[PDB]
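Cyclosporin A complexed to Peptidyl-prolyl cis-trans isomerase C, as determined in this entry.
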Amino acid sequence: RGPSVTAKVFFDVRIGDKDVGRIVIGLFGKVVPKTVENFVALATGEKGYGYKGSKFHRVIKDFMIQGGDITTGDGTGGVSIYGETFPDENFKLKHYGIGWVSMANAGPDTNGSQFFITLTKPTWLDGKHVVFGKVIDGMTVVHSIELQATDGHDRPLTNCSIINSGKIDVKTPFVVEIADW
Amino acid sequence: XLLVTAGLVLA
Ligand SMILES: [Ca+2]
Ligand SMILES: [Zn+2]
């Protein structure tokens, strides 16, 4: 057993001028409903702002790729659908391995729009970052971003852009098995 | 270090 994927979000990615494919993230709505709602709403852009047009501004091989700065765009910005920030919902899910999706923050209770996809098992972040999703398709796209040349700020030299985002309804929820759940 | 922050990016 494990928690159920109840929704999905897609990001179509372009690196410079090349379309590199689509990342599909499955979301654990029953585990972290409030966090999932924020991420889905930002993906669809229904509130009038969202992930479309944002980039993965910080990429560190074998650690994570980070994105979702939907205001300033340099990695210092972002906002949630609930306000500037919202509290940490819970820490039920861990960064179990590669491809788990989690909220970036600026300390306790400062979730906004920015998120990251793991490229390792960062156990030191367990209990500090809210985990809410899992990459179910497009791990090759994540790897393409991961291998991008970056500067000394870990920013890709060429922009890795989310050119479209949205949701895909899940008609049949499915379990992502988790050891010892 | 290896953190994921929004504003002050640290070691
Ligand atoms: Ca490696
Ligand atoms: Zn490879």
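Chain identifiers are assigned alphabetically (A, B, ...) following the order of the sequence lines, protein sequences preceding nucleic acid strands; residue numbering begins at 1 within each chain. Structure method, as recorded: X-ray crystallography, 1.9 Å. Both backbone and side-chain heavy atoms feed into the values below; hydrogens, waters and symmetry mates do not. Modified residues are rendered as parent or X, with their additional atoms omitted from contacts.
- Copies included, the model assigns cyclosporin A to chain B.
- For cyclosporin A (chain B), the main contacting UniProt domain of chain A is PPIase cyclophilin-type.
- With the cut-off at 4.5 Å and only heavy atoms counted, the binding site of cyclosporin A (chain B) comes to A/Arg58, A/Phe63, A/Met64, A/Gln66, A/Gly75, A/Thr76, A/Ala104, A/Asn105, A/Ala106, A/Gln114, A/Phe116, A/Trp124, A/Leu125, A/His129.
- Under a heavy-atom criterion of 4.5 Å, residues of cyclosporin A (chain B) in contact with chain A are listed as B/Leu2, B/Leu3, B/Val4, B/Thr5, B/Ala6, B/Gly7, B/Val9.
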